[PDB]
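Below: the structure, in structure tokens.
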Amino acid sequence: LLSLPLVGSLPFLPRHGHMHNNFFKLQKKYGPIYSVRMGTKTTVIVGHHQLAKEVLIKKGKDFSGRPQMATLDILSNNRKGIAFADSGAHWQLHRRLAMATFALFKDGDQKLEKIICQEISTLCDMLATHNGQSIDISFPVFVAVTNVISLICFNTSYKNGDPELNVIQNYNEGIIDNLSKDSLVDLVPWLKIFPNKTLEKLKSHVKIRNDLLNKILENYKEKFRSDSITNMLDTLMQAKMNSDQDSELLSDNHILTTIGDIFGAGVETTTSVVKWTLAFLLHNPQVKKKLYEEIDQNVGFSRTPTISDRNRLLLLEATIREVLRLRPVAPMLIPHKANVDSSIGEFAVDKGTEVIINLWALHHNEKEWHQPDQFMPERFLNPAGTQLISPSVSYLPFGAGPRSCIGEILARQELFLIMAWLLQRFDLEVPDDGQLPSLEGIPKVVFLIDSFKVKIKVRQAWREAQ
Ligand code: HEM
Ligand SMILES: C[C@]12CC[C@H](O)CC1=CC[C@@H]1[C@@H]2CC[C@]2(C)C(c3cccnc3)=CC[C@@H]12
């Protein structure tokens, strides 16, 4: 009896389980690095820290490209901006300019810390009005980080109730919904196989974002003054005029897309990580208690938390690290591409090949982490409890090398201060129908969590101390 001709083969079911996990499970059979061919395109998945660092750092330049995707073409206006732009002059310039802008916020009058604390104050005052009630903290937190990133991009913010905030939220949700069904990584390109309206819907949401950004740029062409460079838009406009090989790379569209990447990332990443952190604390009341104890003893109630408090609030800084391990914002980073013929772990990799780092695998490798599927912030502390440690070399929440996260400083500060101020001021408890958030998650371009509610109450201790 003969065997059928095989015209296709995939190692697991599509749309069943999470991609990053399915790739991980495959490592038991096939090892830490393997490939899949889809028509013409070849993709390599890497799931061990040694090989990953070779791709991100040692041979960083070789693998610093980004593959092209139809959905991403639309969001990025054909591969402009930073995150989805191929390696090249545009990417390098705009990335550099964006980084240079965060320097303008490291100290002084417009210090990043104060900008953030300003908006966390408004957030806390608003949340306190919901004393006694169960609520979804998504929108209130969304506003807070939106204002922070707006101040950094334009030196503007939004008053309570500005409906432009509801507009942004709508298109943010719609774009994220249609940019990918699940992860950006998608074995079969269903998009091109069956008739569908994904690109149509995606365009309609992107159009609204772009119209709003254009509106902002046009209104700002007048307020721009050369001697005063205080925000990201200033920096980008100052560069364009400074010419005078550089000027074609700073068109209006190049500038808006870059601002768009920053505005989007600044808001959806940090918002997501905050929700994830709360969710874990509702599942782990023992940890939560230890965090209240820690903050009462090291900051108390006579002032509000500041960045310098990260030197004393160690369990908090560790809790954040452990969320970023267990539920990475980008569990498969963003896809990389080989710019040139090269190699990984002595295996050949052709120019143009897609390369994916399975960070989830790195963060859950059993030989590198003790009980990796557990939420244990303790692992990032010495046994004493008195200083932070790095227990594994297999940890890269913000990536590394040329395409590493450029918003890391901002993220870490936003996350630390938000959690700090909330814990000082609020009991955050399971709602009265004792529903706990699902920790399973929803993979999109970002690793999101199902919406959930939290009962919020002002703390007796915080009240007494007024
Ligand atoms: C918890 C928060 C965040 C985490 C864990 C995070 C992590 C990451 C990761 C894993 C990557 C991909 C690295 C790669 O593709 O090799 C990335 C890229 C990027 N991140 Fe974030 N990020 C966070 C927040 C932010 C924020 C607040 C910004 C604000 C500007 C930002 C801006 C970017 C940009 C522009 C890229 C593209 C880099 C490039 O292609 O050159 N991120 N980030
Ligand atoms: C789609 C979205 C967010 C929805 C916006 O309407 C469009 C947008 C621009 C930037 C995207 C961002 C989602 C987060 C992305 C993909 C991101 C990011 C994501 C996670 C970690 N670090 C960076 C950088 C580009 C960011």
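Here the PDB entry sets the residue numbers for chain A, with the shown residues being 31-274, 282-503 in order. Atoms within each ligand, like the ligands themselves, are counted from 1 in listed order. What you see below is based on every heavy atom in this structure, not just the backbone, and it leaves out hydrogens, waters and symmetry mates.
- The name given to the drug at ligand 2 is abiraterone.
- Tallying contacts with abiraterone, the largest count belongs to the chain named in UniProt as Steroid 17-alpha-hydroxylase/17,20 lyase.
- By chain and number, the binding site of abiraterone (heavy atoms under 4.0 Å) reads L105, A113, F114, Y201, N202, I205, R239, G297, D298, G301, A302, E305, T306, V366, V482, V483.
- Judged by heavy-atom distance, the UniProt substrate-binding residues in chain A that approach abiraterone within 4.0 Å amount to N202.
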